[PDB]
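Below is one structure; the comments refer to it alone.
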Amino acid sequence: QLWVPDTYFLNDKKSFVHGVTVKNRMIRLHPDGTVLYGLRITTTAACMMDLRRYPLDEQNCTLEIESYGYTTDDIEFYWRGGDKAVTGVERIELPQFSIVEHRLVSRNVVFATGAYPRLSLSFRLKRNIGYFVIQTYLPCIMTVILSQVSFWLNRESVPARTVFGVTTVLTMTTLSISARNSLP
Amino acid sequence: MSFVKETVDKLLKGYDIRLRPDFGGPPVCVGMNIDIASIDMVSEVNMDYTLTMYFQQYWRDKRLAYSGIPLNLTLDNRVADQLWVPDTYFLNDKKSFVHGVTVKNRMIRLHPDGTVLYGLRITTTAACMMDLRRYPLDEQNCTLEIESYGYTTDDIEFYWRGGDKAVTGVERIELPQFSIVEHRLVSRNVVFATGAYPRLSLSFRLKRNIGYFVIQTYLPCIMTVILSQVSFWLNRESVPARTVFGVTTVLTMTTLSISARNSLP
Amino acid sequence: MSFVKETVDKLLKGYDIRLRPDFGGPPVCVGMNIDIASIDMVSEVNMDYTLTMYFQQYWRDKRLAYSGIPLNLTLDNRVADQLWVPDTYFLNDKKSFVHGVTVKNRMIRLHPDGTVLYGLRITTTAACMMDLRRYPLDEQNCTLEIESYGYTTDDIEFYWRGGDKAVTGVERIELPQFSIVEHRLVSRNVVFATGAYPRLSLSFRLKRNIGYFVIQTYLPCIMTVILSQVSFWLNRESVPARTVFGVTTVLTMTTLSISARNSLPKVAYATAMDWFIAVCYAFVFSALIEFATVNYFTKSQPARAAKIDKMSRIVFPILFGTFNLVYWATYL
Amino acid sequence: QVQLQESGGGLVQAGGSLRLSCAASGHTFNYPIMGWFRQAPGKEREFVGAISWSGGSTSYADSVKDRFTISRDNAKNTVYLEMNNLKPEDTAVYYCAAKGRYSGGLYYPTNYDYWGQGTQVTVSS
Amino acid sequence: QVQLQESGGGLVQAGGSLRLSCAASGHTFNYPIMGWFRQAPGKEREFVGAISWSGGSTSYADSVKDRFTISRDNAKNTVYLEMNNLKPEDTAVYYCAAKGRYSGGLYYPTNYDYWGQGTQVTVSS
Amino acid sequence: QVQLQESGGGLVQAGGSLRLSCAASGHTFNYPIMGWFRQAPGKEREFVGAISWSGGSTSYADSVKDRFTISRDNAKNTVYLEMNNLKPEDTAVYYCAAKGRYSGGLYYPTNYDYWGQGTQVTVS
Amino acid sequence: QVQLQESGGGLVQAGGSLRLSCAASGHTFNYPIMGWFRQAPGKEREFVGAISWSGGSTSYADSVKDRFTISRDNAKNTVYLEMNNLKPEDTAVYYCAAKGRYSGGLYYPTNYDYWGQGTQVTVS
Ligand SMILES: *[C@@H]1O[C@H](CO)[C@@H](O[C@@H]2O[C@H](CO)[C@@H](O[C@@H]3O[C@H](CO[C@H]4O[C@H](CO)[C@@H](O)[C@H](O[C@H]5O[C@H](CO)[C@@H](O)[C@H](O)[C@@H]5O[C@H]5O[C@H](CO)[C@@H](O)[C@H](O)[C@@H]5O)[C@@H]4O)[C@@H](O)[C@H](O[C@H]4O[C@H](CO)[C@@H](O)[C@H](O)[C@@H]4O)[C@@H]3O)[C@H](O)[C@H]2NC(C)=O)[C@H](O)[C@H]1NC(C)=O
Ligand SMILES: *[C@@H]1O[C@H](CO)[C@@H](O[C@@H]2O[C@H](CO)[C@@H](O[C@@H]3O[C@H](CO[C@H]4O[C@H](CO)[C@@H](O)[C@H](O[C@H]5O[C@H](CO)[C@@H](O)[C@H](O)[C@@H]5O[C@H]5O[C@H](CO)[C@@H](O)[C@H](O)[C@@H]5O)[C@@H]4O)[C@@H](O)[C@H](O[C@H]4O[C@H](CO)[C@@H](O)[C@H](O)[C@@H]4O)[C@@H]3O)[C@H](O)[C@H]2NC(C)=O)[C@H](O)[C@H]1NC(C)=O
Ligand SMILES: *[C@@H]1O[C@H](CO)[C@@H](O[C@@H]2O[C@H](CO)[C@@H](O[C@@H]3O[C@H](CO[C@H]4O[C@H](CO)[C@@H](O)[C@H](O[C@H]5O[C@H](CO)[C@@H](O)[C@H](O)[C@@H]5O[C@H]5O[C@H](CO)[C@@H](O)[C@H](O)[C@@H]5O)[C@@H]4O)[C@@H](O)[C@H](O[C@H]4O[C@H](CO)[C@@H](O)[C@H](O)[C@@H]4O)[C@@H]3O)[C@H](O)[C@H]2NC(C)=O)[C@H](O)[C@H]1NC(C)=O
Ligand SMILES: *[C@@H]1O[C@H](CO)[C@@H](O[C@@H]2O[C@H](CO)[C@@H](O[C@@H]3O[C@H](CO[C@H]4O[C@H](CO)[C@@H](O)[C@H](O[C@H]5O[C@H](CO)[C@@H](O)[C@H](O)[C@@H]5O[C@H]5O[C@H](CO)[C@@H](O)[C@H](O)[C@@H]5O)[C@@H]4O)[C@@H](O)[C@H](O[C@H]4O[C@H](CO)[C@@H](O)[C@H](O)[C@@H]4O)[C@@H]3O)[C@H](O)[C@H]2NC(C)=O)[C@H](O)[C@H]1NC(C)=O
Ligand SMILES: CC(=O)[C@H]1CC[C@H]2[C@@H]3CC[C@@H]4C[C@H](O)CC[C@]4(C)[C@H]3CC[C@]12C
Ligand SMILES: *[C@@H]1O[C@H](CO)[C@@H](O)[C@H](O)[C@H]1NC(C)=O
Ligand SMILES: *[C@@H]1O[C@H](CO)[C@@H](O)[C@H](O)[C@H]1NC(C)=O
C-alpha cells in the first residue's frame with residue numbers, strides 16, 4: 001500500500017524475494033518522510049566468461065541495477081555511502097574462486113525510450129588451480145612420463161612398446177575430451 | 001457459536017496488523033520451539049542440507065485477550081493473514097517453503113491471556129559450508145540461524161522456549177551417510193549497520209560413516225595396488241606381461257582419483 | 001435458480017470460516033476415503049515415492065443444512081474458500097500439490113443433512129526410508145501418514161470411511177520395478193507436546209522384481225567370472241594371454257561393483273548384491289593369483305603347476321555354481 | 001482388441017474345490033486389470049474379485065473373501081480363480097472380464113470393455 | 001512385529017552401577033527409536049531416556065541425566081542402559097520400548113507399539 | 001573453540017614500519033573472518049581492518065587506509081598486519097579477533113567470538 | 001581499460017572506395033560491441049554502424065546503408081569499415097568506439113566508454 005521504486009536487475013536470469021516465514025521485506029519510516037525499504041533477494045545473474053586463459057583466468061561478474069519505467073527525469077540513483085555502500089564481499093566463500101576486488105559505479109544509460117539511471121556492482125574472481133592440478137595436470141604430466149618409459153626397453157620388445165604407445169595416446173584423447181566436458 | 005463469532009469480530013475490530021504488541025513500548029518476547037521431522041538430504045557439492053520441521057512461535061498480543069471463555073481457541077489457519085506475526089526468517093536458507101496441502105500448514109491457538117501459539121511446517125535447504133580436508137573421516141557443523149528481518153532488539157527479543165529442551169526430533173533424523181553426534185542451542189544478539197537484531201542458532205554435528213567409501217574407493221585402490229604387485233612374481237623375461245600389469249594399474253589409478261573427485265565440490 | 005441462490009446466501013450469511021462445526025462442543029468426525037490413481041515413481045536414492053490420489057473427506061457442518069431442496073448440491077470448486085475444511089496434512093510428505101488445470105481439482109457436494117463431501121486430487125512425494133540390506137531381493141514398506149495440523153482429538157477425530165474398503169486403486173498401480181503385494185489401513189492417536197492428534201496410516205508393501213538386475217548386473221558378473229576361468233584352458237607358457245584374462249576380468253569387476261553402487265543411495269551397510277559382486281571379485285582375483293602361482297612354479301615344480309591348472313578347471317566352476325545355489329536360496 | 005476364453009467350470013459338491021482359467025489374447029497390455037463376475041439365475045451380476053497387471057494386488061467381494069483366490073501368470077496370458085469350500089450360494093455362470101487402464105472402479109461391470117462367454121459352476125449340497 | 005527382551009536387573013547397593021540390556025528381534029527397522037521407561041510401585045510410568053537408529057543421538061530425563069548412558073549396537077540388535085551412581089529413588093521395574101518412525105513425541109508411552117516384560121532394579125542405601 | 005596469539009608489537013619511530021602476526025589454532029574453519037582492532041589509552045576500541053577466509057577480499061578503516069595491509073596464509077593459520085608510514089595517532093594495543101560465518105557486521109566488536117591478548121605498538 | 005587506434009583515412013574521389021581499420025588492445029572482452037561514428041565540421045556526431053563480438057550481426061545507419069560494410073577479425077583484435085561508392089556527404093572525421101556489454105542502445109555516443117583519435121576522410 002506504498003509506492004516503491006521499480007528497481008530491477010538488468011542482467012538477472014531468475015530472481016526471487018524470500019518468503020519464509022514472512023515475505024523478507026522491511027519498512028522503516030522516519031518523521032522526515034524518509035523510507036528504508038529492505039529486501040532479501042537471491043539472483044542468478046549472467047556473467048559472460050573469457051575462458052581463453054582458463055584455468056589461470058579471472059572473470060568480471062556484475063550486477064546491473066536500474067529502474068524499469070522511470071527515466072532520469074523521474075528517478076535518480078546513488079550508492080548510499082559511496083565506496084562503503086556494499087558490505088559482505090568479505091563473507092563470500094567459493095570453493096574454486098576468490099574475490100580479489102570489487103567496484104561500485106554510477107551511470108546514466110540511454111535507450112530509445114529515454115535515459116535511465118544505473119548502478120553497477122562488480123567482482124573480480126581469481127580461480128584457484130588446486131582442483132585442476134589434481135584432475136587434469138597431474139594425469140596429463142604422468143601420462144607423458146608414462147609414454148617415455150618405452151624408451152628404457154630394448155627395441156626388440158615390440159609388443160611391450162606398442163602398449164606404452166597406444167594406451168598413452170588413447171588415455172590422452174580421453175583426458176582432452178573429459179576436461180572439455182566440464183566447460184561450455 | 002454466534003457469541004464466539006461476535007467476540008472474534010470485536011477482537012478484530014480496530015486491530016492493525018501493521019503494529020506489533022506494545023508498539024511504542026517494550027520489546028515483544030517471542031518463544032521459539034522446534035520439532036525436527038527429518039533431514040532429507042545433505043549435499044557436499046552444493047554445501048547445503050535440506051531440513052523439515054515444525055516451527056512454533058509464542059508471543060503475547062493483549063489485543064487478542066478474551067475474558068468470558070474458559071478454554072484455548074484453535075482457529076482456522078486463515079486467521080494468520082489478519083493477525084500480526086513475527087517477521088522471523090532463516091538467515092542461511094537458500095530456498096524454503098511452507099507446506100500447502102491440503103490446507104496451508106499453519107496453526108493458531110489462542111489463550112484468554114492473549115498468548116498466541118503460531119505453528120508452521122517448513123522445509124528449508126540451508127547453507128552448510130563444509131571442511132572436506134579430513135574427508136571422508138570428517139565431520140561437519142550445519143546450522144539454522146533464526147532472526148527477525150525488520151524489528152531490532154528494541155522491538156523484538158528471542159528465546160528458546162524451554163531452554164535446552166526447546167528442540168525435539170534430532171533422534172528421528174535418519175541419514176544414509178551421516179549420524180548426528182550432538183546438537184546445540186544458542187541465543188545471541190548480532191549487530192548490523194541497520195541496528196542490533198536477536199538471533200537463535202540451532203546446530204548439528206554430522207559424523208560421516210565410512211561404509212560407502214571402503215566399497216567405492218578404498219577397496220578398489222587397495223586391490224589395484226595389490227594387482228600392480230603381482231608383476232613382481234613373474235620372471236623378468238615376461239616383458240609384455242609385466243608392462244600390462246604396469247600400464248593398466250597406472251591408468252586405472254588416475255581414473256579412480258578422477259572419479260572419486262567427481263562426487264565432491 | 002434464484003431461490004437456490006437466496007438459500008445459499010442465507011447459509012453463507014453469518015458463516016465464520018474460523019470456527020469448526022460444534023466449536024465449543026464435541027469433536028468433528030471426519031471420514032477419509034482414498035482412490036489411488038498411480039504411483040509415478042519410487043526413488044531409492046532420495047528414499048521417497050510419488051503418489052497420485054483422490055483424497056475425499058466427509059464431515060457434518062449443521063450451518064450448511066437446507067430443508068426445502070430434495071437433492072444433493074454439487075457446487076463450484078470456489079466455494080471451498082468460503083467454507084471450513086479440515087486442516088488435514090500428510091506428515092511424511094516432502095512436496096505435494098493440488099492439481100489446477102483446467103480448474104482447481106476440488107469437489108464440494110452438499111447434502112440437506114449438512115454433510116459435506118470434499119474431494120481433492122493430490123500428488124504427493126512422500127518419504128519412504130528403505131532397508132536395502134536384502135537388495136535387490138528386498139521389499140519395502142512405504143506409508144502415507146494423515147493427520148490434522150492444529151486441531152487436537154478434543155476438536156477432530158478421524159476414521160477410514162468404510163473401514164478396510166476405504167482405499168481403492170492399489171490394483172491400478174503399475175510400477176516397472178516393483179509390485180504391491182498388500183496394503184493396510186490403520187487408525188491411531190499420536191501424542192505430541194502440543195497435545196494428542198488423530199492419525200490414519202496407509203501402507204504398501206513393495207516387492208522388487210529381479211528382471212532389471214539379472215540383465216544389468218548378475219549376468220555381466222556371472223559371465224565375467226566364466227571369462228576369467230577360460231585362462232585355465234591355456235598352457236601356462238602363454239604368459240601374456242593369461243595376464244590379459246586376469247587383468248581385464250579383475251578391472252571389469254571393480255567397475256561393475258562401482259557402477260552398480262551408483263544407482264543406490266550412499267548407505268553405509270553392504271547389500272546382498274555387494275556380497276554377490278564381492279564373491280565374484282574373489283573368483284576372478286583367485287583365477288589370476290592361481291595363474292601367478294602356476295607361472296611361479298612352472299620351472300620350480302612343473303608337475304604341481306600342471307596339476308593346479310587341471311584341478312582349477314573343475315574346482316572353480318563347481319564352487320561358483322554351488323555358491324550361486326546357496327546365495328539365491330539364502331535370499332529366496 | 002482382446003479375446004477372453006474361460007474353462008474349468010463343471011459340477012462340484014458342497015465344500016468342494018474348483019479352478020477356473022481365463023486365457024487372453026490380443027492387446028492384453030491396454031486392458032491390464034482383470035475381473036471375475038458371476039451371474040445366478042435370479043440375482044443380478046455380482047462382483048467376485050479382480051487382479052492387477054503385476055499380479056501382486058487383488059481385491060475380493062466380502063461373500064467370496066477367504067474362500068477364493070485369484071492369481072496371474074503373464075507368461076501364459078492367463079488369470080486363475082481357485083474356489084475352495086464351495087457353497088450352493090456360489091452356483092452361477094462365472095464370467096471373466098478385462099478393464100482399461102483408466103476405466104474407473106473395479107466393482108462396476110459397465111467399465112469393463114471385454115468379456116468372455118462364461119462357464120457354469122453348480123454346487124450340490 | 002517386534003519382540004523385546006531385557007536382562008541385567010538385580011539388587012545393587014547405593015552409589016553402585018548396573019548395565020541393563022534389551023535384545024530385539026523381527027521388524028526392528030520399522031520401529032527405529034528405542035526408549036527406556038521405569039515404574040516405581042507408587043509413582044506413575046517415568047521416561048528415562050531414548051536412542052536413535054543410528055545410535056548417535058540420545059535424550060535423557062533430568063533426574064537420570066549425567067548418571068545414566070544409553071548405547072546401541074545394531075550388529076547385535078541390542079540397546080544398553082548403563083546406570084552409574086545409583087540412588088534408592090532409581091528403584092523400579094525398568095522397561096524397554098520401541099517406537100514407530102512417525103509416532104510423535106519420545107516422552108509419551110502411548111506412542112510406543114512394542115514393549116518387553118520389564119526387569120527389576122532395587123537400590124539399598 | 002579458537003585460540004589467537006599475536007606478536008610483532010614494539011617501539012617504532014614515526015614514519016616507520018612494523019608487521020604484526022596472529023597465529024590461530026582450533027576450529028579456525030567455523031570462524032573464517034579475521035579482524036584487527038586497536039585500543040588507545042583514552043579512545044574507544046577502533047576497527048582497523050578485516051580479511052576473508054580465502055584471503056582475497058579485505059576491508060580497512062579510512063584512517064588506516066592506504067598505509068596498512070592485511071594478508072593471510074592458511075598454510076600457517078596466520079594473518080598478518082603490515083603497518084607502513086606509522087603515525088603517533090596509531091599508538092595503541094592492537095588486538096586480533098575471529099568472527100563467526102554468520103555474525104553480522106565487521107565493524108562491531110560484539111560479533112567477534114574469540115580475541116587474543118593484544119600487543120602494544122608505540123610510535124614516538 | 002581499452003585503447004583504440006584507427007588508420008586508413010585519406011583523400012578519395014567521389015564514387016571511390018576506402019577501408020578504415022581500428023586496432024584494439026587491453027580488456028577487449030569487457031567491451032564487446034564496436035561502433036563507428038563520424039563528425040562533419042558543422043553537424044553533430046552521426047552513427048555509422050556497429051558490429052557484435054561474434055562478428056556475425058551488424059547494424060548500419062540508413063544514409064550509410066548498402067554502401068558500407070563493417071567486419072571483424074578477433075584474431076587481430078581489429079574491426080574494419082569498407083566504404084564503397086563514396087559521396088561528398090560522407091566527408092568527416094571517422095571515430096571508432098567500444099561499448100560495454102550492458103550499455104544500452106547502439107545509436108547513442110554517451111554509452112560508449114572508449115574511443116580512438118579519429119581519422120579524416122575527405123571526398124571531393
Ligand atoms: C488406445 O487404447 C485405448 C484403451 O486402452 C483404446 O480405447 C478404446 O477405443 C475403442 C475404439 O477404438 C472404444 O470402443 C468404442 O466404444 C464406443 C463407446 O460407446 C459408448 O456409447 C454407446 C452409445 O450410447 C454405447 O452403445 C456403448 O456401450 C456399449 O459398449 C460398452 C463398451 O465400449 C459396453 O460396456 C456396453 O455394454 C455396450 O456394449 C457394446 O459393446 C460391447 C463391447 O464388448 C459389445 O459386446 C456389445 O454387444 C455392445 O456392442 C458405450 O457406452 C462405441 O461407440 C464404439 O462403437 C463403434 O465400434 C463398434 C465395434 O467396435 C461398432 O459395433 C459400433 O457400431 C461403433 O462403430 C466402440 O465400441 C473403447 O471404448 C476404448 N476404450 C477405452 C477404455 O477408452 C484406444 O482406441 C487405443 N488407441 C490406439 C490408437 O491404439
Ligand atoms: C508398515 O510399518 C508400520 C509400522 O512402522 C505398520 O504399522 C502398524 O500396523 C499395525 C497393523 O498391521 C498397527 O496395529 C494395529 O493398531 C490398531 C490401532 O491401535 C491403536 O488404537 C486402538 C483403538 O482403536 C487402541 O486400542 C490401541 O492401544 C493399544 O495399542 C497401543 C499400541 O498400538 C498400546 O500402546 C496401548 O496400551 C493399547 O494396548 C494394547 O496393545 C498392546 C500391543 O500394542 C498389547 O500388548 C496390549 O495387551 C493391548 O492389547 C492403539 O492406540 C489396533 O487396534 C490393532 O489391534 C488389532 O490387532 C491386534 C493384533 O495385531 C489384536 O490383538 C487386537 O485385538 C486388534 O484386533 C493393531 O494393534 C500398528 O498400530 C501400526 N503402527 C504404526 C506406528 O502405524 C504397517 O502395518 C506396515 N505395513 C506393511 C504393509 O508392512
Ligand atoms: C558450530 O559452530 C558455531 C560457530 O560457527 C558454534 O557457535 C557458537 O556456539 C557457542 C556454544 O557452543 C556459543 O557460545 C555461547 O554463547 C552464548 C551467547 O553469547 C552471547 O550472549 C551472552 C549473554 O548471555 C554474552 O555474555 C556474550 O558476550 C560474551 O561472550 C562473547 C562471545 O560469545 C564475547 O565476545 C564477549 O566479550 C562476552 O564475553 C564473555 O565471553 C568471553 C569469551 O568469549 C570471556 O572471555 C569473558 O570473560 C566473558 O565471559 C555474547 O554476546 C554464551 O552465553 C555462552 O556462555 C556460556 O557458555 C560458555 C562456554 O562456552 C561459558 O564460558 C559461559 O560462562 C556460559 O556458561 C557461550 O559462550 C557461541 O556464541 C556460538 N557462536 C556463533 C557465532 O554461533 C556452535 O556451537 C557449533 N556447534 C557444533 C554442534 O559444533
Ligand atoms: C568490470 O567491467 C565493467 C565494464 O565491463 C567495468 O565498468 C567500468 O568501470 C569503470 C571504473 O572502473 C567506469 O568508469 C568510471 O565511470 C564513472 C561514471 O561515469 C559516468 O558518470 C560520471 C559522473 O559520475 C561522468 O563524469 C561520466 O562522463 C564521462 O564518461 C562518459 C562515458 O565514458 C563520457 O560519455 C563523458 O563524455 C565523460 O567522459 C570522460 O571519461 C572518458 C573515459 O575514457 C574520458 O576519455 C573523457 O575525457 C572524460 O573524462 C559518465 O557519465 C566515472 O565517474 C569514473 O571517473 C573517475 O575515474 C576516472 C578514471 O577512471 C577519472 O578520470 C575521473 O576523474 C573519476 O575519478 C570512471 O570514469 C566505467 O564507466 C564502467 N563501465 C561500465 C559499462 O560499467 C568494471 O570496472 C569492471 N570491474 C572489475 C572489477 O573488473
Ligand atoms: C608364492 C606365490 O605363489 C605367489 C605368486 C603370486 C603371489 C601373490 C600376488 C598378489 C599379492 C602381492 C603382495 O605383494 C603379497 C600378497 C599377494 C597375495 C601374493 C602372495 C604370494 C603369491 C601367491
Ligand atoms: C490452555 O493452554 C494452557 C497453556 O498456557 C494450559 O495450561 C491450559 O490447560 C490449556 N487449557 C485447556 C482447556 O486445556
Ligand atoms: C445424495 O447422496 C446420498 C449418498 O451420500 C445418496 O444415497 C442419495 O440418493 C443422494 N440423493 C439423491 C436425491 O439421489
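Note on naming: letters A, B, ... go to the chains in the order of the sequence lines (proteins, then strands), and numbering restarts at 1 for each one. Values reported hereafter were calculated over all heavy atoms of this structure, with side chains retained and with hydrogens, waters and symmetry mates removed. One-based numbering, in listed order, for ligands and for the atoms of each. Going by what the header records, the deposited coordinates were determined by X-ray crystallography, 3.2 Å. Contacts are counted only within the shown part of the entry, which is not the complete deposit.
Lab note: drug at ligand 5 identified as pregnanolone. With a cut-off of 4.0 Å on heavy atoms, the other chains touching pregnanolone are B, C.
The binding-site residues for pregnanolone (non-hydrogen atoms, 4.0 Å) are B:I226, B:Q229, B:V230, B:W233, C:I289, C:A292, C:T293.
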